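Labels below follow one simple rule: chain letters A, B, ... track the order of the sequence lines, proteins then strands, and each chain is numbered from 1. Ligands are counted one by one from 1 in listed order, and the atoms in each one are counted from 1 as well. All heavy atoms count here, side chains included; hydrogens, waters and symmetry mates do not.
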Amino acid sequence: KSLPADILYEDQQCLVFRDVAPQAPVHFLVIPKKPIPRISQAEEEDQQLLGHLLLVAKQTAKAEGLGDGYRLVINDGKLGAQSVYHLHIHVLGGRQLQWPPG
Amino acid sequence: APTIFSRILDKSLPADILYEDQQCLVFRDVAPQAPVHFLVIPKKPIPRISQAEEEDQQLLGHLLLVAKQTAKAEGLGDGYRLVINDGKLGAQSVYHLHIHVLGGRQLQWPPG
Ligand SMILES: Nc1ccn(C[C@@H](CO)OCP(=O)(O)O)c(=O)n1
Ligand SMILES: [Cl-]
């Protein structure tokens, strides 16, 4: 059960919030307000928005002290293990992430 | 300073190139972690996503659209994962920005 403070950032285009099931000491989520259901259904008109989401993710990673490194993840469909059909960019840090990435 | 990606870009190191335009290049990963594993890289030598800037917004969006379009062309219809690694903890080993696209198998959770 999350609190309003779990929203780390918001603007006209996107929301950033903590993952209530964190896979790392820091784990948050960047989503567009426009309900793109999955990255495979993004269209060319979404180019600037998609760019903005990545920029927001990295700015927030800095704000959350992920200077020693972090991982950005976007899941698509069943094989990507996408759990909600709204676009999510995962940002994970604060521990050594492994390889392969799942 | 120049990573091995500099050779892939100038074509001195042969690669299985899936797509190219003036802004980016797409090629198969030679150490694949999935049945399909390719990389989308900018031609602009951004070393890592933490060093991208506001004027790279459009380029970053373009990289994602190219990733998704190429995923389609590779038949990743049942799904796939996009990964960007930054720095040591992210397990970044090549310091030229690149998006991994992995598909053709079930991806697990957590993502590393
Ligand atoms: N068995 C392994 C071990 C390491 N790496 C390198 C990979 C993860 O460290 O590089 C991630 P990048 O810098 O985002 O390509 C690999 O490709 N295979
Ligand atoms: Cl997800």
Chief chain touching ligand 1, naming from the PDB entry:
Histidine triad nucleotide-binding protein 2, mitochondrial
List the drug name given for ligand 1.
cidofovir
Chain letters with a heavy atom under 4.0 Å from cidofovir:
A, B
Give the residue list for cidofovir, heavy-atom cut-off 4.0 Å.
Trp99(A), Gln33(B), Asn85(B), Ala91(B), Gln92(B), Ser93(B), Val94(B), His98(B), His100(B)
With a cut-off of 4.0 Å, which atoms of cidofovir are near a heavy atom of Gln33(B)?
18 (N)
Identify which UniProt domain of chain B accounts for most contacts with cidofovir.
HIT
Using a 4.0 Å cutoff against the non-hydrogen atoms of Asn85(B), which atoms of cidofovir qualify?
11 (C), 12 (P), 14 (O)
Which atoms from cidofovir have a heavy atom of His100(B) less than 4.0 Å away?
12 (P), 14 (O), 15 (O)
Could you tell me which residues UniProt lists as binding AMP in chain B have a heavy atom under 4.0 Å from cidofovir?
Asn85(B), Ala91(B), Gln92(B), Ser93(B), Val94(B), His98(B), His100(B)
Do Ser93(B) and cidofovir have an N or O pair less than 3.5 Å apart?
yes
I need the atoms of cidofovir closer than 4.0 Å to a non-hydrogen atom of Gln92(B), numbered in the order shown.
13 (O)
Within the 4.0 Å heavy-atom shell around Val94(B), which atoms of cidofovir are there?
13 (O)
Give yes if a backbone or side-chain nitrogen or oxygen of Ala31(B) is under 3.5 Å from a nitrogen or oxygen of cidofovir, and no if not.
no
What atoms of cidofovir come within less than 4.0 Å of a heavy atom belonging to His98(B)?
12 (P), 13 (O), 14 (O), 15 (O)
UniProt active-site residue nearest cidofovir in chain B, with non-hydrogen distance:
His98(B), 3 Å
